[PDB]
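Dihydrotestosterone bound to Androgen receptor.
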Amino acid sequence: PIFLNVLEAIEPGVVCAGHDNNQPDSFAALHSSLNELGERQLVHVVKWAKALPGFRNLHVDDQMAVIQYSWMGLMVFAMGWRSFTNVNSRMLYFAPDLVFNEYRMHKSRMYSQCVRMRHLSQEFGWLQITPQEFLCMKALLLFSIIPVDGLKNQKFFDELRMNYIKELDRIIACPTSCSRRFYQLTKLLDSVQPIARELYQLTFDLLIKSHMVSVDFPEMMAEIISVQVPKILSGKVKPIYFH
Ligand SMILES: C[C@]12CCC(=O)C[C@@H]1CC[C@@H]1[C@@H]2CC[C@]2(C)[C@@H](O)CC[C@@H]12
């Protein structure tokens, strides 16, 4: 099982937000820690992506682009899995030191987005997603958003995406049950993109608002949210849907 061996081997370990849980649950303090968590996870997403089978076949500029468009969906999908396995879905397990209860969902001013993230987390239980299915679906999310004008070497991207779809098929197969499962998992994958889109809109709006009041985001987050996220929000970069 070479493919699943690799995915299991490179899966990132635990990452803490660095949140001081004895300060009060203010909008400012919670988003400060969420943004730091994202900056810390970005490091792990890059190292994970560069170690995926075939990823280095992509042109170097495409490698960075695909990471810089897919990170929100990757991170939300992983957080949903952590929540499913750690608190069983009525809380959101962003990190061991940053677990959202209903009060923090409200004070962060992200309550509706957290509701949707809780729903995604609960789908891992409703569908009885296996660790192998989770790992292959998460890898596919890296190959599920691209510029409408294409990548520098789109042909290699298309072949790589094809092969990750084949791997998902293989895990399901390892025929009427297979077909239903594949439909369920591809419907689950598609449901990540609208959630990520909402969070992309939110974080852009907050970066603008924070800049107005002279509070800076972490370095890599501020660059990606001002250079790459607006390409998503303006329609120059679009998700690839199955259905
Ligand atoms: C990806 C993160 C941080 C990592 C994670 O577990 C998922 C979570 C989803 C909400 C994101 C957050 C990073 C910081 C963001 C983007 C805030 O600016 C607004 C929404 C937050």
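Position 1 is the first residue of the sequence, and the numbers go up from there. This deposition comes from X-ray crystallography, 1.6 Å. Both counts, for ligands and for their atoms, begin at 1 and track the order of listing.
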Site residues for dihydrotestosterone, heavy atoms under 4.0 Å: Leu34, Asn35, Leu37, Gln41, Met72, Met75, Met79, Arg82, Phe94, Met110, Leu202, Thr203, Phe217, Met221
Shared residues: UniProt 17beta-hydroxy-5alpha-androstan-3-one-binding in chain A, heavy atom under 4.0 Å from dihydrotestosterone: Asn35, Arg82, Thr203
Proximal atoms of dihydrotestosterone relative to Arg82 (non-hydrogen, under 4.0 Å): 6 (O)
Close-contact set for dihydrotestosterone against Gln41 heavy atoms, below 4.0 Å: 4 (C), 5 (C), 6 (O)
Source organism, chain A, as recorded in the entry: Homo sapiens
Protein heavy atom at shortest distance from atom 9 (C) of dihydrotestosterone: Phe94 CE2, 3.9 Å
Nearest protein heavy atom with distance in Å, relative to atom 17 (C) of dihydrotestosterone: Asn35 OD1, 3.4 Å
Proximal dihydrotestosterone atoms for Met79, defined as those under 4.0 Å from one of its heavy atoms: 6 (O)
Distance-only N or O hit between dihydrotestosterone and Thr203, under 3.5 Å: yes
Dihydrotestosterone contacts in chain A: dominant UniProt domain: NR LBD
Under-4.0 Å protein heavy-atom contact, atom 1 (C) of dihydrotestosterone: yes
Atom 11 (C) of dihydrotestosterone: the protein heavy-atom neighbour that sits closest, reported with distance to 0.1 Å: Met72 SD, 4.3 Å
Atom 21 (C) of dihydrotestosterone - nearest protein heavy atom and its distance: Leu34 CB, 4.6 Å
